K.L.:
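Okay, here's the structure I mentioned, the one with triclosan.
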There are 2 protein chains.
Amino acid sequence: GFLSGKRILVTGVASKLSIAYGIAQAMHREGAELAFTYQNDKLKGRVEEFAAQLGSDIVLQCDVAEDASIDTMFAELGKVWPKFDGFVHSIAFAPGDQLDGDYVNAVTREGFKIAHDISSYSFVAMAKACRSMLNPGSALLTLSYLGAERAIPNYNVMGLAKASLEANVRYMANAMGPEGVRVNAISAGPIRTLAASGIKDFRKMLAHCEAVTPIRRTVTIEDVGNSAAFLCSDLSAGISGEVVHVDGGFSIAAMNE
Amino acid sequence: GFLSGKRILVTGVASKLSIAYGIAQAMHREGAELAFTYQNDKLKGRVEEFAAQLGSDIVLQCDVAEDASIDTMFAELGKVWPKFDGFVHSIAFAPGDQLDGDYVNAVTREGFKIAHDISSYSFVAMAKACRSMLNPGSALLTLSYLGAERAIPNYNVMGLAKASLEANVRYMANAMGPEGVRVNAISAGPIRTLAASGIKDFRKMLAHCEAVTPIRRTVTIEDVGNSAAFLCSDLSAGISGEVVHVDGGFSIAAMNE
Ligand SMILES: NC(=O)c1ccc[n+]([C@@H]2O[C@H](COP(=O)([O-])OP(=O)(O)OC[C@H]3O[C@@H](n4cnc5c(N)ncnc54)[C@H](O)[C@@H]3O)[C@@H](O)[C@H]2O)c1
Ligand SMILES: NC(=O)c1ccc[n+]([C@@H]2O[C@H](COP(=O)([O-])OP(=O)(O)OC[C@H]3O[C@@H](n4cnc5c(N)ncnc54)[C@H](O)[C@@H]3O)[C@@H](O)[C@H]2O)c1
Ligand SMILES: Oc1cc(Cl)ccc1Oc1ccc(Cl)cc1Cl
Ligand SMILES: Oc1cc(Cl)ccc1Oc1ccc(Cl)cc1Cl
């Protein structure tokens with residue numbers, strides 16, 4: 001595959017529905033060697049199972065909330081991969097109470113803090129910790145959402161954390177470009193996953209993008225995987241600091257009845 | 001003036017070079033009752049003098065890093081202005097060690113948290129505490145910078161705080177819109193203010209700017225003040241959730257010399 005000889009670290013796999021899973025699966029198919037990380041003991045087991053199915057045995061614990069967790073994880077990976085070619089950042093969170101009802105009433109100082117910490121800072125924190133481990137031609141990828149560009153109901157504070165994420169992509173790309181590292185983000189459309197259920201009225205938010213999206217269907221984790229495999233391959237050598245929308249054109253249309 | 005009959009609260013006035021100062025002169029010029037706030041006692045004096053010249057003896061203290069300080073401030077203000085027509089958010093901050101050098105190396109979890117808290121969250125925090133005191137037709141204004149749109153050297157983490165800030169403007173305007181409140185932002189070009197010296201290489205970041213800018217000069221707190229006065233008056237009742245560029249058209253040009 002166009003990803004042979006590459007060693008990429010994939011994070012955020014929680015179930016077969018996880019987007020990171022569609023990404024791992026697609027990269028595996030293109031010949032890359034994968035590495036996985038799990039947040040806690042609750043997920044360890046299923047991640048080891050998935051890693052096995054994808055011919056990998058490197059499964060490390062990592063909570064982007066603590067710099068120590070990140071340093072230990074990368075120091076453990078370095079034992080098998082003195083150097084690798086980038087990682088997929090598919091992590092996000094915000095207390096549930098934040099994603100329900102009026103934005104101004106729901107948002108709090110703490111919720112805001114948590115959302116920005118786990119969903120935007122963790123991306124650079126990881127890059128900082130493995131910077132000297134990355135080979136030239138490496139790519140770093142994160143996953144954003146339209147909420148970053150437009151104001152979407154109930155998405156609330158996450159929207160702000162994502163705008164911050166996308167800005168991160170541009171500052172990271174510009175900072176690491178000379179060393180030969182590329183940084184991009186995929187702005188995926190609504191997908192039926194596990195964390196997608198935390199957003200109030202989601203079953204409807206999908207049926208909307210359904211009949212309004214140019215391609216007349218929502219994207220699948222497969223659609224996203226293919227785009228991430230590419231954005232992480234040497235085929236996208238000229239793309240950096242970009243946020244490409246993989247939503248089937250939903251964002252470039254307006255008032256489709 | 002076009003602001004007669006409007007009561008506006010202005011924050012961020014530190015010297016005569018402050019943008020917030022330029023904004024207050026214009027509004028008062030357009031016939032507007034003003035109220036000023038100061039971060040700490042070190043500035044209490046200056047603010048009182050400026051407030052006197054602008055026909056105002058309402059000078060409250062307020063540290064956006066504290067929910068309680070924001071609560072008391074509007075509690076005090078409520079004694080004179082049981083209801084007012086909005087405020088101008090001219091507040092931003094980040095530890096100096098975040099604003100110099102390679103972004104990936106400079107950024108820290110602490111620096112990130114603070115920058116987003118003071119420069120972005122405070123804006124919505126203020127709206128929470130005075131939401132019931134606003135009249136229909138009120139206007140909220142904040143200040144941003146092109147760093148939220150592009151990767152600009154040394155601006156580093158402040159660029160991510162601003163993107164969050166600009167997204168905050170869209171989420172706030174969408175939530176408060178049905179209440180007759182408009183929320184907008186002005187993306188200002190480089191101005192010689194008291195906090196501008198805090199950015200690594202600014203005098204040269206200003207010398208370059210006034211050379212490649214369509215209007216061939218850097219904006220002044222006057223140009224900003226005037227646009228601010230307009231964005232807060234009923235004259236701009238058709239604008240909400242917008243980020244207007246008051247930078248002489250610099251952001252639209254490319255490759256000049
Ligand atoms: N689902 C969508 O429609 C959609 C659309 C656009 C973007 N995204 C983004 O895709 C990414 C993944 O979301 P998802 O849809 O696959 O949901 P998901 O529930 O399948 O996975 C989310 C992951 O976040 C991980 N995580 C949470 N906190 C963590 C922490 N502190 N440390 C390490 N890992 C942590 C979880 O463990 C989990 O694996 C997110 O960035 C998300 O916002 C999703
Ligand atoms: N200077 C520029 O060229 C420029 C360009 C675009 C946007 N802006 C923005 O304009 C705004 C004002 O900056 P400025 O250039 O007038 O510098 P300034 O030094 O004149 O004012 C900055 C203000 O921030 C206030 N502040 C900081 N921490 C605070 C806190 N915890 N609580 C309450 N107030 C606090 C300061 O006290 C001060 O008044 C900022 O949002 C800034 O980023 C400035
Ligand atoms: O960003 C998202 C956008 C969509 Cl349309 C659906 C799910 C998304 O992802 C999340 C939303 C809230 C929390 Cl707390 C965690 C995650 Cl992973
Ligand atoms: O945003 C700004 C943009 C420019 Cl060009 C000049 C000054 C700016 O304002 C700040 C920069 C850094 C810190 Cl710590 C605080 C403030 Cl108020």
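Just so it is clear: chains get the letters A, B, ... in the order the sequence lines come, proteins before strands, and each one is counted from 1. Just so it is clear, the values below take in all heavy atoms, side chains as well, and ignore hydrogens, waters and symmetry mates. Indexing begins at 1, ligand by ligand and atom by atom, following the structure's order.
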K.L.:
Do you know where to find triclosan in this model, all copies counted?
P.N.:
ligands 3 and 4
K.L.:
Could you peek at this structure and say which chain has the most contacts with triclosan (ligand 3)? A name from UniProt would do.
P.N.:
Enoyl-[acyl-carrier-protein] reductase [NADH] FabI
K.L.:
Quick one: other chains with a heavy atom closer than 4.0 Å to triclosan (ligand 3), which letters?
P.N.:
A
K.L.:
Pick out the nearest UniProt active-site residue of chain A relative to triclosan (ligand 3) and quote the non-hydrogen distance to 1 Å.
P.N.:
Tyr155(A), 3 Å
K.L.:
Which residues flagged by UniProt as binding substrate in chain A come closer than 4.0 Å to triclosan (ligand 3) by heavy-atom distance?
P.N.:
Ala94(A)
K.L.:
Considering non-hydrogen atoms of the protein only, which is the closest contact for atom 17 (Cl) of triclosan (ligand 3), and what is the distance?
P.N.:
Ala195(A) CB, 3.5 Å
K.L.:
Among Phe202(A), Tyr155(A), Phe93(A), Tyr145(A), which one puts a heavy atom closest to atom 1 (O) of triclosan (ligand 3)?
P.N.:
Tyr155(A)
K.L.:
Specify the organism recorded in the entry for chain A.
P.N.:
Escherichia coli
K.L.:
What are the atoms of triclosan (ligand 3), with element, lying closer than 4.0 Å to any heavy atom of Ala94(A)?
P.N.:
14 (Cl)
K.L.:
I'd like the name of whichever of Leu206(A), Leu99(A), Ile199(A), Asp247(A) reaches closest to atom 6 (C) of triclosan (ligand 3) through any heavy atom.
P.N.:
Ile199(A)
K.L.:
Given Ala92(A), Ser144(A), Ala161(A), which one has a non-hydrogen atom that is nearest to atom 15 (C) of triclosan (ligand 3)?
P.N.:
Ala92(A)
K.L.:
I'm comparing triclosan (ligand 3) with the natural ligand. Which residues that UniProt lists as binding NAD(+) in chain A have a heavy atom under 4.0 Å from the drug?
P.N.:
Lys162(A), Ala195(A)
K.L.:
Nearest protein heavy-atom contact for atom 12 (C) of triclosan (ligand 3): which residue, which atom, what distance?
P.N.:
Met158(A) CE, 3.9 Å
K.L.:
Going by the order shown, which atoms of triclosan (ligand 3) are within less than 4.0 Å of some heavy atom of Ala196(A)?
P.N.:
6 (C), 7 (C)
K.L.:
Check whether any protein heavy atom sits under 4.0 Å from atom 9 (O) of triclosan (ligand 3).
P.N.:
no
K.L.:
Hey, which residues are hanging around triclosan (ligand 3) within 4.0 Å, heavy atoms only?
P.N.:
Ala92(A), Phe93(A), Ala94(A), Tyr145(A), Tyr155(A), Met158(A), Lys162(A), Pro190(A), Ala195(A), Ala196(A), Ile199(A), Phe202(A)
